[PDB]
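Below is one structure; the comments refer to it alone.
Chains are named by letter, beginning with A, in the same order as the sequence lines. Numbering of chain A is taken from the PDB entry, so the residues present carry the numbers 1-11, in order. Chain B is numbered as in the PDB entry; the shown residues are, in order, 1-165. Per the header: X-ray crystallography, 2.3 Å. Non-standard residues are written in terms of their parent amino acid, or as X, and the atoms beyond the standard set are ignored for contact purposes. All values below come from the heavy atoms of this structure, side chains included, with hydrogens, waters and symmetry mates left out.
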Amino acid sequence: XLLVXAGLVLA
Amino acid sequence: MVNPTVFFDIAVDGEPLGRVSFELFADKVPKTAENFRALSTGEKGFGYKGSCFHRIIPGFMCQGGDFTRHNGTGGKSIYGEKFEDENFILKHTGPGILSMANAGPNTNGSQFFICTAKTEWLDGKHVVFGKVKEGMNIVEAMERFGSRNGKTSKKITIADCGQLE
C-alpha cells in the first residue's frame, strides 16, 4: 500500500 | 517560543540541486521538532549531513533520515534509539508536510518523510512536526528520481544542512 515505515515495509 | 527553521542543501549524484527549508512546529510538538532540528545542525555529533533519501515514491512522499544504515533500518534520535509519539494534533494536510517515519507506535528515531500529496490515511499514526517553507520545487525535482517501489534512479543526498533561525 502506501506506508512510511522503518524496517518492515508493507504493501 | 518562535518556531525554528532548518535548511537542507540537496544534491543529485553529487551535483547541487537546491535548498529546501522547513518550519518546525515546536509550538505543537516541541520534542519531535527539537530532534529534527538537532540532527539538522549536527550539534550532538551525528545527524543528517551526508545522508540520503533512500525511498522516494512519486505522487506520495520522499523518505530520508537514515544516517546510520542508509536503507530504512537505521537512524537514531537525540533521546536514544527511539522515542514516543508526542501527539497527533497535526494532520497530513497536503504537499510539503514534514512527518515522522516509524516502525509502529512509539518507535520514532530520525527517519522522516516530506509529502508530495495529502496523505490522510497516515493521520494518527505518524507525528506531523513541520512543513516545507521554501524549495517545494526542489522537492518536486527530487520526486522525479523515485519510482513505484521507492528505489531512486540517482543518489539523492543532503549535501549540507543546518538552522536558519
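- At chain A, the PDB records name the drug as voclosporin.
- The chain in largest contact with voclosporin bears the name, in UniProt, of Peptidyl-prolyl cis-trans isomerase A, N-terminally processed.
- Grouped by UniProt domain, residues of chain B touching voclosporin are mostly found in PPIase cyclophilin-type.
- Under a 4.5 Å non-hydrogen cut-off, the residues that form the binding site of voclosporin are B:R55, B:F60, B:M61, B:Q63, B:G72, B:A101, B:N102, B:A103, B:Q111, B:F113, B:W121, B:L122, B:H126.
- Contact residues of voclosporin toward chain B (heavy atoms under 4.5 Å): A:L2, A:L3, A:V4, A:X5, A:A6, A:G7, A:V9.
- The name for chain A in the entry is Voclosporin.
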